[PDB]
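The next PDB entry has naproxen among its components.
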Amino acid sequence: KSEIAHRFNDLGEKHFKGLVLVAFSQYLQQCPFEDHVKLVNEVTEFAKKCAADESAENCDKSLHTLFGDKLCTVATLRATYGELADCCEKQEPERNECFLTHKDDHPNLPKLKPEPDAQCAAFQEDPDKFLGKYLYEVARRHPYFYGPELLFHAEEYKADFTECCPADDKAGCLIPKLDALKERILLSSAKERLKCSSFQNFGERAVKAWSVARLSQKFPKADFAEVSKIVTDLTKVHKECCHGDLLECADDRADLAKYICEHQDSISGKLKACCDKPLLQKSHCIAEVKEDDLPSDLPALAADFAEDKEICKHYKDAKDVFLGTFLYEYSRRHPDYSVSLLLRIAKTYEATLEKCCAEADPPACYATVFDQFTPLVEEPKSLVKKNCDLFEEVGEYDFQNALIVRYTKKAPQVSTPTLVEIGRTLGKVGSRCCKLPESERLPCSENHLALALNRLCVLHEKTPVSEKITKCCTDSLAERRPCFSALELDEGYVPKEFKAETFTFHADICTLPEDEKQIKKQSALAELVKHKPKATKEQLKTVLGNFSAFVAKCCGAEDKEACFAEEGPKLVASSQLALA
Ligand SMILES: O=C(O)Cc1ccccc1Nc1c(Cl)cccc1Cl
Ligand SMILES: COc1ccc2cc([C@H](C)C(=O)O)ccc2c1
């Protein structure tokens, strides 16, 4: 009857306001903060009004109608948001869909540097404004961030400024925390963007399948029934959030978290610490909970899925339940597999039964079906061992460079910053995963990879440069990682013409902190590969190392610029002979 009243009542004012700010910040990334505060308070006041009389004029309008009307009042409409002023001409649900379509994955706003004195001051002087501003900035930059979860991260950014601001050295307490949080923010944005990307490109079925797999791994004690129910609910939550209905999403998420904690005895024995928490902390804990111990009573799958004579019938009767079942069972006995691998396996099963069940004698045909799985498992296992050996041996930086090269050879049309960012992200998978026990590295690796390759793909949607990437991004959610692995030097490349200034470093680099130095040299590394695509990886390691030494020494010098000026051109000219 009054959606706005109903969400204001279930969520409470704090989480209601927060979520409406987040939603606004994502729909209008370019709109200044103060403009959004007033719109939030404005809509929020209306909610209150409606909550006390749901018959009041306009209280029965859809959320969209109310929210889109609010956004379409924001000043400097056409100048600041060109393409979004056209959306305000529309009725809902066209209008909502045009907003949604014009969200910007790489708005490329200033990097968020902590100002610890000036922010503690703003924290103590007005914490609501201060926390609000954090939601705004993160939302702004990650327009598909998982709404309820951002409020959770806003609670940790509060806990942080709370403990460090009263302290002696605010900047020493606060900076490593705010760095850890940014890392968690980025990972979380990447997981949610993979969810939204899967809806957009593959549909709701592909999200269900993914979620059956992962929840079955996580909750192996649970019966198919119960995973199905959680998955149906979880898929609706994320569909909503992804489509921007953040208030609905949060409300539904809290009901799901209630449910799971109502039923943990029949879901998992790890939900116990999670269930003794406030709403946001609990939902978060459930969402990241460790995998439960395997049960002693796991069935043998062979009889039911490869030996049974009734398999084609069972399968023509309800494919999706038969397949969902195989996926649930295979998944829960395999936490040591990646989600994507589990889904390639299911897709091979399904394929084997469609081929075999139309054949002359199907059971002889599907008898060996589990053996089709074996090379699918060997492949990413080998990859992971091979990349972790490399990592263990050369370290993060060089492993990142190995990858910058590998990827620049595959898609040398990608801008340098993208290639650098993706090789760096990929190399950090190295860091996180290679150190885990031997049976956790394949899932760690391939699950985090999926996150990074989706980032790449999302960027490429905005700024398309390469048919090879378009193909790999669209052909199969489960096949992405193998599709990217199989890519080799684009022979279609005409080498990029040499511009000396691109390889030419100056004293400006010596100021930069360590990460920012690497980004520069890694940027030159990408550029080296674009001019000389056939250069071997060892030739580029030596040329890069000679650029490192060169930079280390000239930065170490009494006259930095005369050092760069004298020695730089020699190194630019000679290092082109050392490549191809
Ligand atoms: O690139 C690889 O796959 C591994 C490899 C093997 C031998 C020598 C160098 C590299 N990788 C690599 C590259 Cl391509 C550039 C800079 C530094 C390093 Cl360690
Ligand atoms: C364990 O650590 C890694 C890190 C990066 C990787 C990148 C790739 C890409 C997809 C590639 O094209 O080979 C594969 C495996 C990887 C394992």
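Since chain A takes its numbers from the PDB entry, the residues it shows come out as 4-583. Hydrogens, waters and symmetry mates play no part in the numbers below; they use all other heavy atoms, side chains included. When a ligand or atom number is given, it counts from 1 through the structure's own listing order.
- One finds naproxen in this structure at ligand 2.
- The chain sharing the greatest contact count with naproxen is, according to the PDB entry, Serum albumin.
- Source organism of chain A, per the entry: Equus caballus.
- Interface atoms of naproxen facing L406, defined by a heavy-atom separation under 4.0 Å, are 5 (C).
- In this structure, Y410 has a heavy atom closer than 4.0 Å to naproxen.
- Those atoms of naproxen that come under 4.0 Å of a heavy atom in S448, given as number and element, are 1 (C).
- Each of the following atoms of naproxen lies closer than 4.0 Å to a heavy atom of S488: 10 (C), 11 (C), 12 (O), 13 (O).
- Atoms of naproxen found under 4.0 Å from any heavy atom of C391 (numbered from 1 in listed order, with element): 1 (C).
- Look at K413 and you'll find a heavy atom under 4.0 Å from some atom of naproxen.
- Around naproxen, within 4.0 Å by heavy-atom distance, are found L386, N390, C391, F402, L406, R409, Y410, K413, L429, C437, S448, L452, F487, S488.
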